[PDB]
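Here is a PDB entry that includes avapritinib.
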Amino acid sequence: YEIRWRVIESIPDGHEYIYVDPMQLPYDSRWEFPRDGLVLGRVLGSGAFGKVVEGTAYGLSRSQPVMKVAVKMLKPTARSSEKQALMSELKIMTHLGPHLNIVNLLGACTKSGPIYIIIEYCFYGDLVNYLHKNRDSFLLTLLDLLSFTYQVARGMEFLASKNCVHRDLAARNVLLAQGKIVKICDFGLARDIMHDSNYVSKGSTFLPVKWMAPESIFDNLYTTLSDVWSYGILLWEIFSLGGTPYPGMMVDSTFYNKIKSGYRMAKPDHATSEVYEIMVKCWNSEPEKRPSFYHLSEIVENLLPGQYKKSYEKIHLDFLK
Ligand SMILES: Cn1cc(-c2cc3c(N4CCN(c5ncc([C@@](C)(N)c6ccc(F)cc6)cn5)CC4)ncnn3c2)cn1
């Protein structure tokens, strides 16, 4: 190809070194959970082709013989396109490993019918409804907002270390667990970073434009660095207490023109000067200049009381006992 500026730089030293593709890896049978040990209850989120329901699981844990869970599944209206994606989503989760700030996978029903993905249940729901619920009380506290901001930073650091690009980081995809523990969810659009080069076929039809970095919209480039842009948008959501990004702006020619020119959202009412600067660094137009998720945690860690780090580590270690 003759136009070299349109070729993205591609990174393998010798034939001995291969990319471990999680899509190609075997399914550990220990994830399997009999379908007749799962009762399905109320819907937790739904869409045209799928839903997440609350479930009770009997005998999934030795600690909790009757345990509340969530269950990701497809509707009858879903086609084979949605069926292959849910499978690949299960593949990404079985190989990620567990983390304190991820809605962890507990099991799956893969053997007979449609796929069920069984995930831990988060008592408080998503961060957008939670922040709407508490708006009047705030005016929750400010430290809570910082704590949410740190935990997502650690969650994302864990994902990027596994070379996993989330591609839909947003407040609607942050849940709150029993001890005000923040959990990232929805790996439907998640891809390994080497996925787009090795098995090239994509075409998600509807995208979260207002959360996406310029090079993701315009060039279909998804990296950890475009996740960091989304993390900036997530921060704006949290400190506007559940606000809609770019409020009053339709996504159109002029919107894309504005973002490309350097337009950015103004500071939200409940963000400090220092916290707005984090969102600004996150929306740098040159992706390589955005801060890393490790660096972001270190910045946000400074904004929290000194003991928080020690207590957060105590929760974290305990979770993996
Ligand atoms: C009021 N309240 C609510 C909760 C709550 C809510 C969750 C939860 N979520 C629910 C939202 N999610 C979600 N919704 C839709 C999709 C789809 C439509 N795109 C989809 C579904 C299936 C499919 F195969 C493909 C696509 C995906 N995911 C998951 C996270 N998970 C755990 N606990 N929990 C607890 C608690 N109080």
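Heads up, chain A uses the PDB entry numbers, so what you see runs 555-565, 567-694, 790-971. For ligands, and for the atoms within them, numbers begin at 1 and follow the listed sequence. Hydrogens, waters and symmetry mates are skipped; everything else that's a heavy atom, side chains included, is used.
The chain sharing the greatest contact count with avapritinib (ligand 1) is, according to the PDB entry, Platelet-derived growth factor receptor alpha. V658 does not count as a contact of avapritinib (ligand 1), since none of its heavy atoms falls under 4.0 Å from the ligand. Less than 4.0 angstrom separates some heavy atom of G602 from each of these atoms of avapritinib (ligand 1): 18 (C).
Below 4.0 Å from some heavy atom of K606 lie the following atoms of avapritinib (ligand 1), by number and element: 21 (C), 22 (C). The PDB entry names the source organism for chain A as Homo sapiens. The UniProt domain of chain A holding most contacts with avapritinib (ligand 1) is Protein kinase. Residue contacts with avapritinib (ligand 1), taken as heavy atom pairs separated by less than 4.0 Å, involve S601 solely via the backbone atoms N, CA, C and O. Between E609 and avapritinib (ligand 1) there is no heavy-atom distance shorter than 4.0 Å. Taking only non-hydrogen atoms, the option from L599, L826, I670 nearest to atom 11 (C) of avapritinib (ligand 1) is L599. Per UniProt, the active-site residue of chain A closest to avapritinib (ligand 1) (non-hydrogen atoms, rounded to 1 Å) is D818, 8 Å. If you number the atoms of avapritinib (ligand 1) from 1 as listed, the ones under 4.0 Å from a heavy atom of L641 come out as 24 (F). No part of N684 comes within 4.0 Å of avapritinib (ligand 1), judged by heavy-atom distances. Taking every heavy atom under 4.0 Å from avapritinib (ligand 1), one finds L599, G600, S601, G602, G605, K606, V607, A625, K627, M628, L629, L641, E675, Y676, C677, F678, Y679, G680, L825, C835, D836.
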